[PDB]
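Complex: hydroxyfasudil / cAMP-dependent protein kinase, alpha-catalytic subunit.
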Amino acid sequence: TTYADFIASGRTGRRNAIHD
Amino acid sequence: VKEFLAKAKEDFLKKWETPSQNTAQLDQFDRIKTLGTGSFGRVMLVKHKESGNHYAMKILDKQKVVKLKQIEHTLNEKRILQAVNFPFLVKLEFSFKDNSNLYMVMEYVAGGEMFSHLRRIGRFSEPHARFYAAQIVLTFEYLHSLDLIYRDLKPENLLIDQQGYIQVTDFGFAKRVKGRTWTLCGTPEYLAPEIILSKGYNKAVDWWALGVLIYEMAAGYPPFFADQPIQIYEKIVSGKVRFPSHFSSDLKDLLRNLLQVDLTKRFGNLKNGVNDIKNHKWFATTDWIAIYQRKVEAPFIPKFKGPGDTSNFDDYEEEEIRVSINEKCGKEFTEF
Ligand SMILES: O=S(=O)(c1cccc2c(O)nccc12)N1CCCNCC1
């Protein structure tokens, strides 16, 4: 399921901004 | 509306033109705990000894700000934050600096980050999401009317206050710009196609981000997610989005208009401005005035075991606050 894929992804934690 | 905005703009400009500075000292506060962390420094729960009030103090290492070339964005943040004033915007109580740091004392919002609650509960019901969305809609109408662009909307930057309402915090990328800008900034999942394609943009990016937020609050996950940022940008520019089978027809429509790759047909960026959004079906039950006044009943009220409680925030390692005996980056932060 989409939900499952998301939970197994490495981006479920607090996401940082990009400066560059 | 137009009448309101008009006055709000006059108040903003007075402070914008003449910002305040050095309105407190580090020793007027008691460092209690780290509430969150950033790239240039940590946000700490602090206590104003004199008033006995609690504040969220954002600390920025001047040298690190310079190494990351975030000087102007930092000045932008303090200058803008000290001049704005809206119900859903966290207030900056004091600001000051010392040999090595910059400080911004904001109001402490005990409720916690939407992020925490949203990730824990999984997803919000549409009505619940409509509640927060409405608040962002007005907050952007406010900000944009001031020629400001927020540029970093996301669950992580939205706090829930004691009344269950939203408080936008972190103006690290906010900018007052008439016309268009080109800086590549924001959070991957929330970036507008324009930004990713380095084509120069405007307020329209804030509306696209709104779409992303509403979708994440309603689905429990972003409309575009992958393991590496580059994979995310590829999804974003492809102008291809999939909606959960439970999304109402109205919701899907509002989102197809927000996550519009064509700036020519994206809600918020048309002749009807924000009204194309306020007057959208999905917001039919929404009484905008009632929302701005905070008369509507909050669907969720985070409770706290008293003042100073940080049970709604994660735990971070405690880093001591060291202040060089020598002034650092003085000329670069003169106006702070
Ligand atoms: O400075 S923050 O907006 C922030 C975090 C935690 C509690 C706060 C609080 O209670 N008030 C104002 C801002 C606060 N921040 C943490 C740094 C990373 N950006 C996301 C949120």
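Letters A, B, ... are given to chains in the order of the sequence lines, protein chains preceding strands, and every chain is numbered from 1. Computation of the quantities below employed the complete heavy-atom set of this structure, encompassing side-chain atoms and omitting hydrogens, waters and symmetry-equivalent molecules. This deposition comes from X-ray crystallography, 2.2 Å. We count ligands from 1, going down the list as the structure has it; atoms in each ligand are counted the same way.
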Where do all copies of hydroxyfasudil show up in the model? ligand 1
Other chains near hydroxyfasudil (non-hydrogen, under 4.0 Å): A, B
So for hydroxyfasudil, is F313(B) a polar contact partner (N or O within less than 3.5 Å, distance only)? no
Applying a heavy-atom cut-off of 4.0 Å, say which part of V43(B) lies close to hydroxyfasudil: side chain, backbone, both or neither. side chain
Using a plain distance cutoff, I'd like to know if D170(B) has any nitrogen or oxygen under 3.5 Å from a nitrogen or oxygen of hydroxyfasudil. yes
Under 3.5 Å between some N or O of hydroxyfasudil and some N or O of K58(B)? no
Which residues overlap between the UniProt ATP-binding set of chain B and the residues with a heavy atom under 4.0 Å from hydroxyfasudil? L35(B), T37(B), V43(B), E107(B), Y108(B), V109(B), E156(B), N157(B)
Starting from atom 20 (C) of hydroxyfasudil, what is the nearest protein heavy atom, named by residue and atom, and what distance separates them? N157(B) OD1, 2.9 Å
Tell me whether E107(B) has any N or O atom under 3.5 angstrom from an N or O of hydroxyfasudil. yes
Give a yes or no on whether atom 1 (O) of hydroxyfasudil lies under 4.0 Å from any heavy atom of the protein. yes
Got a sec? Which UniProt domain of chain B does most of the touching around hydroxyfasudil? Protein kinase
Check contact between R14(A) and hydroxyfasudil, using heavy atoms of the residue and a distance below 4.0 angstrom. yes
I'd like the name of whichever of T169(B), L159(B), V109(B) reaches closest to atom 8 (C) of hydroxyfasudil through any heavy atom. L159(B)
Name given to chain A in the entry: cAMP-dependent protein kinase inhibitor, alpha form
Which one holds for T37(B) and hydroxyfasudil: side chain close, backbone close, both close, or neither close, with close meaning a heavy atom under 4.0 Å? backbone
What UniProt active-site residue in chain B has a heavy atom closest to any heavy atom of hydroxyfasudil, and what is that distance to 1 Å? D152(B), 6 Å
Residues near hydroxyfasudil, heavy-atom distance under 4.0 Å: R14(A), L35(B), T37(B), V43(B), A56(B), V90(B), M106(B), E107(B), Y108(B), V109(B), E156(B), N157(B), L159(B), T169(B), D170(B), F313(B)
Are there any protein N or O atoms under 3.5 Å from the N or O atoms of hydroxyfasudil? List them with distances, or say none.
unit_1, atom_1, unit_2, atom_2, d
hydroxyfasudil, 3 (O), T169(B), OG1, 2.6
hydroxyfasudil, 10 (O), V109(B), N, 2.9
hydroxyfasudil, 11 (N), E107(B), O, 3.0
hydroxyfasudil, 19 (N), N157(B), OD1, 3.4
hydroxyfasudil, 19 (N), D170(B), OD2, 3.1

